[PDB]
**Q** 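Below is the structure I would like to discuss, written out as structure tokens.
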4 protein chains.
Amino acid sequence: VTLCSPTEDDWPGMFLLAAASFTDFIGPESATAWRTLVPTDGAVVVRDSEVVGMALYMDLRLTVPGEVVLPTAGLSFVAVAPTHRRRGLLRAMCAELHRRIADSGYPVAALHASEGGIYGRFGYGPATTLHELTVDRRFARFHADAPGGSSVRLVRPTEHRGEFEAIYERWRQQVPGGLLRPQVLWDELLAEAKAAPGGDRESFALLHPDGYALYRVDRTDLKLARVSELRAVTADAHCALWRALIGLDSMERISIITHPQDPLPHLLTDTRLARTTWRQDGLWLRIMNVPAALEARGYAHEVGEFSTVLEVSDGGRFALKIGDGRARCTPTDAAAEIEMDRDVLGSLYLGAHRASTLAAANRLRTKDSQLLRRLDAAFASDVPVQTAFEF
Amino acid sequence: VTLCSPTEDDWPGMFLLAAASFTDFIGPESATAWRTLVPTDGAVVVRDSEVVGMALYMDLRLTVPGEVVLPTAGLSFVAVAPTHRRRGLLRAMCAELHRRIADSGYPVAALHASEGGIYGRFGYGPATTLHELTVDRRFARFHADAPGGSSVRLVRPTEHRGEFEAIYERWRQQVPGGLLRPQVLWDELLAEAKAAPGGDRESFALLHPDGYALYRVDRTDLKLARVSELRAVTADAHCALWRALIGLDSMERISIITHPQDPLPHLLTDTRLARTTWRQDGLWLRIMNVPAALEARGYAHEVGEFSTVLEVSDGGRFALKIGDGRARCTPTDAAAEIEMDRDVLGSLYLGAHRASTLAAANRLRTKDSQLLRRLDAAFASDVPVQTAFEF
Amino acid sequence: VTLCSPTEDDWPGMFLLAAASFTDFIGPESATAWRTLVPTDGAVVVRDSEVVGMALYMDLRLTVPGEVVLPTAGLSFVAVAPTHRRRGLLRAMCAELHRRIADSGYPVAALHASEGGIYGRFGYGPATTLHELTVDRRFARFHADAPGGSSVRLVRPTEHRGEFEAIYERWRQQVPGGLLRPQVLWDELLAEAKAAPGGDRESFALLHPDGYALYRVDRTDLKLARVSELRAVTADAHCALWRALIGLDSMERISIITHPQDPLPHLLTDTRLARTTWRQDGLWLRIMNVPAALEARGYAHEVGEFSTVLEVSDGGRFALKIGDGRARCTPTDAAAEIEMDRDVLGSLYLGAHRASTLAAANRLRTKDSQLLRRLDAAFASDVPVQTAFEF
Amino acid sequence: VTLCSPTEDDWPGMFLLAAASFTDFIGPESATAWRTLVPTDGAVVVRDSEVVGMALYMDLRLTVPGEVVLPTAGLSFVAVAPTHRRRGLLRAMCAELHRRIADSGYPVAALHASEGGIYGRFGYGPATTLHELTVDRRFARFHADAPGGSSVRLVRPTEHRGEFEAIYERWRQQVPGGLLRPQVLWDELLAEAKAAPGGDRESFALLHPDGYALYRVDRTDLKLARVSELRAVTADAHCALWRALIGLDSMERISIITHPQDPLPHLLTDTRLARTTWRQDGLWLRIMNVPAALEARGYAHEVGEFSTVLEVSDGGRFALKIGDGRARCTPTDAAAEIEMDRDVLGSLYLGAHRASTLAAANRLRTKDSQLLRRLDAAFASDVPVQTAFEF
Ligand SMILES: O=C(CCCN1CC=C(n2c(=O)[nH]c3ccccc32)CC1)c1ccc(F)cc1
Ligand SMILES: O=C(CCCN1CC=C(n2c(=O)[nH]c3ccccc32)CC1)c1ccc(F)cc1
Ligand SMILES: O=C(CCCN1CC=C(n2c(=O)[nH]c3ccccc32)CC1)c1ccc(F)cc1
Ligand SMILES: O=C(CCCN1CC=C(n2c(=O)[nH]c3ccccc32)CC1)c1ccc(F)cc1
């Protein structure tokens with residue numbers, strides 16, 4: 001019907017659509033807390049009267065390679081009523097928000113995808129990889145070389161908020177994929193930590209000066225401990241926390257949603273005991289401003305200075321010069337040496353996907369295999385890309 | 001009791017131990033064919049009279065980064081009788097074969113591990129990663145950018161041996177992890193292709209000028225096609241074969257044991273449809289001669305010349321200079337800048353594991369983070385490491 | 001229609017009824033081998049022309065407490081056509097065979113029951129207990145006290161028939177529940193040992209001078225080894241064989257159908273690792289001649305001489321005197337002190353069930369609790385009752 | 001760090017360790033009620049400041065054969081923080097409590113084991129056997145001989161506390177394994193009887209003058225009734241209650257955790273319908289004072305007077321004379337005829353395990369098989385050993 005910024009009167013209608021669209025809907029109280037991260041004009045609704053479509057973005061701070069922090073539009077709360085499918089409501093809402101996001105001066109937008117087949121056509125590429133490890137801790141023995149053969153304390157999460165906040169803040173600034181976690185999201189996290197009748201069990205924390213793990217026993221599998229979050233600033237902290245987790249003698253299995261480069265398997269005499277049980281796209285990126293994004297991040301120092309011409313499909317053509325870990329990215333009408341869709345650049349941006357891999361799928365086109373190797377090396381992240389928290 | 005090279009009289013006793021030790025035992029006829037790959041003095045047995053221990057190596061040819069082919073001792077048929085456990089028979093047999101392998105002039109030994117917790121202590125490190133992808137082909141749609149939007153033929157494997165041989169030979173020479181597949185292993189492969197009463201179903205082949213896929217419907221899950229092997233020399237061949245496999249309209253799912261950098265997910269509009277259902281160590285490497293191995297392989301051209309001192313624990317100390325994609329590796333008593341166990345070098349050698357990841361687990365020790373980045377970049381493989389065939 | 005001893009012409013019709021009645025039917029060749037154990041007049045058929053009912057008994061030798069061996073009628077191959085149910089054919093056939101068995105001079109009849117609710121009314125009581133133990137052998141560690149901390153050999157069963165025969169013969173004579181295993185059943189056992197296409201895997205043997213285990217990997221669960229049979233004459237042999245079985249390092253689990261008093265759990269540091277996964281009635285006994293049966297077996301020496309009057313319902317009344325491990329059992333019309341149905345006496349006879357337990361269910365009636373304790377102690381078996389082989 | 005009796009200030013720290021260690025943790029309110037059973041100096045904590053280890057014992061009254069009631073130290077609430085494993089904290093805490101328990105004058109200590117591989121080395125032997133029976137009540141028909149072919153009432157548990165208390169008190173005094181159930185544990189039991197939102201369903205009671213059953217429908221399997229507790233003083237009460245339970249016509253299955261000698265199967269025309277679905281060690285015993293324990297219990301009258309010399313490993317050597325159902329147990333330096341570890345004596349003490357079975361595992365050593373038979377008969381319990389309630 002019409003596409004508008006919602007009034008205060010629209011939010012009950014938005015909560016109804018949310019409840020009907022999201023099985024994990026956090027409820028009106030929690031949703032109202034997350035609103036404090038939505039700027040003025042950060043939300044659109046379609047009315048037919050009742051809300052049949054909604055989408056918004058939150059003001060986020062995303063760490064990219066080089067420990068550079070970018071202002072980031074975090075898309076969220078995106079729903080079309082089941083009564084109004086195949087009516088181009090998602091396309092209309094995504095076009096309006098992208099317009100507002102671009103005009104506001106955000107260099108990147110980000111989201112978590114409900115399905116993998118939807119956001120590629122709006123220029124979002126999967127930029128981090130979720131990697132679930134399940135450890136059969138009954139067989140787990142630490143390698144002779146593993147650090148810390150206690151510095152770790154078993155604590156109530158709500159009693160050590162200050163220490164978790166300070167450790168997380170250090171973590172998010174040093175890791176590509178890191179997000180600033182504002183105070184309202186700490187309020188929400190520590191509320192979810194407590195037990196619920198017929199719901200999740202009590203959360204516990206393992207606290208080190210340079211890391212923490214939040215974990216809870218699974219609702220139904222009482223021999224599975226699920227680590228909701230492990231933030232370690234040092235290798236010593238990461239090993240110490242895993243020694244403590246393998247010490248949960250009443251559990252058969254410890255599971256964590258981590259990143260592909262988690263060193264956990266190498267801490268054990270049997271690397272195979274850390275089984276990959278699940279893999280999925282994590283954070284998705286849409287590069288809003290190609291030159292601003294490419295100039296902002298740091299590049300591998302190991303690759304020698306090189307120049308090329310990059311065309312993003314309907315996204316501009318640029319003279320790209322990378323040397324001394326920095327990029328210069330300027331307008332040109334010179335012949336393109338590399339072509340890709342905007343989504344592909346998003347997938348390269350945090351170093352989670354190799355240019356060579358995307359080239360092999362013809363998502364990235366060049367006639368120079370030397371240029372491909374140089375892109376691969378340059379866009380690689382020294383610190384492996386991790387996922388911060390879902391939004 | 002005693003450790004000897006087996007006589008012809010010992011092989012029936014070895015087949016009994018094999019049958020009792022290996023649920024996948026290929027049987028005496030097939031085992032006798034695989035013997036033709038075992039050199040004179042390539043086998044040891046422990047007798048108590050009956051065979052209570054055995055181990056052997058086969059003469060293999062392994063492709064490493066730089067399209068360099070190394071003579072490789074492939075350990076196989078390693079068994080201790082259940083009556084003679086915890087008697088140091090494995091250690092005795094592994095020490096004797098390694099002695100023979102080293103003296104024979106092999107720069108590397110390789111194996112497939114029955115368990116992950118066993119071969120690390122004998123200096124084997126996991127060097128390739130098996131990555132099972134399962135595609136729900138009912139939802140699978142190819143991306144607009146994907147090549148070849150037919151060059152592929154559905155054929156009987158036994159009728160196109162010459163073409164499979166020629167395609168495989170091109171594949172194995174261009175890919176790190178590639179093994180020469182001798183004639184006896186082609187005889188064995190095409191025998192396993194045929195249907196067995198109460199066994200596997202008939203194997204089919206999809207044949208392209210520059211690639212093939214061997215597949216069969218699963219024994220019990222009649223909606224699952226299992227790709228036993230897909231060898232593609234070009235991206236066009238890889239895409240064409242996957243278009244054909246997604247055309248198996250009577251199947252719900254196509255599964256393949258592939259490598260982490262398989263571009264398949266990027267060929268689809270929904271990358272998530274190519275689900276990682278399983279991950280395990282593939283080929284394990286023991287570097288027998290550190291300087292011969294390190295000098296033999298090619299290194300990334302992107303990293304500028306650098307020099308360091310590498311100590312392998314009880315494996316020598318070496319002045320290591322890497323530049324122009326080549327390494328020089330000479331004896332030194334100069335202070336070590338990098339320390340690691342022999343197994344760790346095996347894990348780095350084909351580029352499947354990052355020095356940075358192993359350093360984070362303290363399996364690789366240095367005080368210079370710049371040196372770590374340079375090792376990471378140098379040991380990286382341009383062509384992603386794949387697994388050839390199990391032995 | 002009519003009840004007759006079958007002619008040679010009837011056996012094809014009997015094999016058809018067998019095939020249709022028994023999913024485990026051994027087939028006409030094996031059935032013809034088992035016939036050699038059926039005496040002249042050991043079989044009845046009901047014809048309607050076609051066979052609609054059959055039953056037979058084999059000449060067996062059953063060991064009872066005191067190492068006494070009784071001639072035993074082993075009922076088997078009992079079937080009523082699905083076309084002729086609820087026509088009293090089973091009752092007619094059981095009455096005729098029991099008549100022949102009694103007149104032939106057998107003191108006891110025995111069977112394995114297809115269902116638990118059928119044979120009680122014909123005077124059969126469950127006399128042995130099948131107890132399946134499943135060991136998670138990955139955690140299994142032997143106790144410091146366990147014997148034999150090798151005497152055991154891994155062998156092909158067919159190559160050591162003489163040794164298995166000799167060990168079994170010693171076992172069956174010393175254990176209540178022991179059956180003589182004739183030559184035709186050894187022929188049949190060693191034929192079932194070999195692998196079958198789309199059937200069972202190859203059987204292996206662990207051979208000690210004073211015991212053997214026959215085992216095979218499960219058809220479908222390739223991490224489960226099933227022990228079909230373990231016959232140990234000494235505790236040393238039993239422990240040595242279990243050390244070897246726990247040495248099957250490619251298995252997660254070892255299962256055995258054993259007896260409730262199997263000492264296996266006490267050999268381990270964690271008794272709980274030997275899990276009871278299944279329990280069922282094994283051998284069923286019908287006491288044909290009460291005085292002959294009661295006088296034949298040995299009794300506990302620990303109980304002092306006592307006298308009572310036992311009435312079996314429609315089975316006679318007897319003055320029963322037990323002292324010095326022997327019983328005298330003579331006719332009397334004196335008042336009964338103990339009453340029970342014939343089936344209950346069968347359940348007491350091998351010591352598998354306590355008189356006190358059966359009394360608590362009112363299956364055994366007396367007004368003297370002292371008499372109950374004395375029966376309990378007297379009928380107890382020093383050597384625990386085991387099950388020999390199914391028939 | 002240090003091992004102390006806890007102050008009131010320590011109990012919040014103990015509740016945190018409890019919550020993190022025990023998935024079935026009863027919560028601080030219930031735990032505070034169970035404290036009333038812990039004597040002054042009945043608890044130890046290890047502090048590192050925070051609680052990293054705890055253990056306590058409760059004052060219990062345990063019935064042993066001969067209807068003799070022993071003061072019993074019931075170990076419970078035993079936990080080591082996952083941060084402080086493999087630091088000998090359990091050994092230190094168990095040594096201190098055993099010292100206090102011995103000095104206080106308890107002849108026996110008892111516990112329920114979280115795992116089977118832990119308490120044997122501290123002298124605890126499994127002394128009762130939990131036996132789960134599952135009845136498919138749709139097929140269940142009572143035998144002609146079964147008593148009571150109504151005396152039973154369906155009631156709300158909270159309304160008949162006095163009658164349950166009085167029946168239980170009669171039960172616990174007449175059965176080996178019986179525990180006095182104090183008022184606080186009746187308060188706790190009847191609170192657990194009520195329904196919980198997203199928790200257990202409402203409990204019902206079947207009440208007979210001489211027995212009760214407490215049962216509830218399973219949370220998730222709505223065709224399974226679980227009997228939490230059935231206490232029957234007479235066989236008539238036991239049968240009447242089972243007739244009522246088989247009358248739960250909306251259920252497919254009735255399950256109960258009972259003892260191996262439960263007469264239930266013998267009440268049915270098909271004994272096989274009472275399936276053993278689970279078997280585990282119940283109560284564990286550590287004999288603190290060998291002579292006090294052995295002299296306290298009654299022995300079988302059926303065995304004639306005999307004398308032997310018993311050595312408990314690091315537990316004393318004793319002249320043991322058993323006659324007229326009583327034992328005299330005095331110091332001696334005479335040659336040992338029987339040797340066993342302390343844990344083994346615990347396993348024999350309530351008659352749940354036969355000396356012959358433990359001898360077959362070499363956990364009990366003698367050279368006289370006649371002595372073995374006499375021990376077997378003497379330590380046997382006339383009334384079968386049952387399990388009271390878990391602690
Ligand atoms: O509603 C959102 C975004 C929140 C997305 N959620 C995504 C992730 C979360 N969760 C988890 O990660 N595990 C959970 C289990 C139960 C419930 C929620 C879980 C929580 C948030 C919202 C609402 C109103 C706004 F203005 C702006 C935004
Ligand atoms: O026995 C071997 C090594 C073969 C290892 N196998 C390892 C891998 C194989 N397989 C598969 O990959 N899938 C299979 C399914 C059923 C049976 C075998 C399968 C086949 C070979 C041997 C025997 C005698 C020698 F002298 C030297 C060596
Ligand atoms: O047919 C019988 C009695 C045999 C009863 N069976 C009962 C037990 C056996 N089996 C097992 O124990 N496991 C088996 C697996 C597959 C097939 C058979 C199995 C084998 C025998 C027979 C036939 C003709 C006669 F004259 C007299 C008697
Ligand atoms: O915490 C204990 C011992 C209690 C052991 N539990 C063991 C057995 C029980 N349970 C069951 O049997 N089924 C249950 C289901 C849900 C919750 C508890 C269940 C309850 C008690 C304690 C606490 C403080 C003390 F001072 C002294 C002692």
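Reminder, nothing fancy here: chain letters follow the sequence lines and each chain counts from 1. Only a part of the entry is shown; contacts are counted within it. Whatever order the structure lists them in is the order used to number ligands and atoms, beginning at 1.
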**Q** Hmm, looking at ligand 1, which of binimetinib, azelastine, droperidol would that be?
**A** droperidol
**Q** Looking at contacts alone, what is the main macromolecule next to droperidol (ligand 1), by its name in UniProt?
**A** N-acetyltransferase Eis
**Q** Which other chain letters have a heavy atom less than 4.0 Å from droperidol (ligand 1)?
**A** A
**Q** Could you walk me through which residues contact droperidol (ligand 1), taking a 4.0 Å heavy-atom cut-off?
**A** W11(A), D24(A), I26(A), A31(A), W34(A), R35(A), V38(A), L56(A), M58(A), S76(A), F77(A), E192(A), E390(A), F391(A)
**Q** For atom 2 (C) of droperidol (ligand 1), grab the closest protein heavy atom and report residue, atom and distance to one decimal in Å.
**A** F77(A) CD1, 3.8 Å
**Q** Strictly less than 4.0 Å: does any protein heavy-atom distance to atom 28 (C) of droperidol (ligand 1) fall in that range?
**A** yes
**Q** Within a distance under 4.0 Å of any heavy atom of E192(A), pick out the atoms of droperidol (ligand 1) and give their elements.
**A** 17 (C), 18 (C), 19 (C)
**Q** For droperidol (ligand 1), which atoms, with element, lie under 4.0 Å from some heavy atom of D24(A)?
**A** 17 (C), 18 (C)
**Q** Identify, for atom 5 (C) of droperidol (ligand 1), the protein heavy atom at the shortest distance, and state residue, atom and that distance.
**A** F391(A) O, 3.6 Å
**Q** Atom 21 (C) of droperidol (ligand 1): which protein heavy atom is closest, and how many Å away?
**A** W34(A) CZ2, 3.8 Å
**Q** Which of the UniProt-flagged active-site residues in chain A is closest to droperidol (ligand 1), and what is the least heavy-atom distance at 1 Å precision?
**A** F391(A), 3 Å
**Q** Just which atoms of droperidol (ligand 1) are under 4.0 Å from any heavy atom in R35(A)?
**A** 25 (C), 26 (F)
**Q** Output the list of atoms in droperidol (ligand 1) that are nearer than 4.0 Å to some heavy atom of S76(A), sorted by atom number.
**A** 3 (C), 28 (C)
**Q** Which other ligands or ions in this structure are less than 4.0 Å from droperidol (ligand 1)?
**A** none
**Q** How far is atom 20 (C) of droperidol (ligand 1) from the closest protein heavy atom, and which atom is that?
**A** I26(A) CG2, 3.9 Å
**Q** For droperidol (ligand 1), which atoms have a heavy atom of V38(A) less than 4.0 angstrom away?
**A** 26 (F)
**Q** For atom 23 (C) of droperidol (ligand 1), is the nearest protein heavy atom closer than 4.0 Å?
**A** yes
**Q** In chain A, which UniProt domain contributes the largest share of residues contacting droperidol (ligand 1)?
**A** N-acetyltransferase
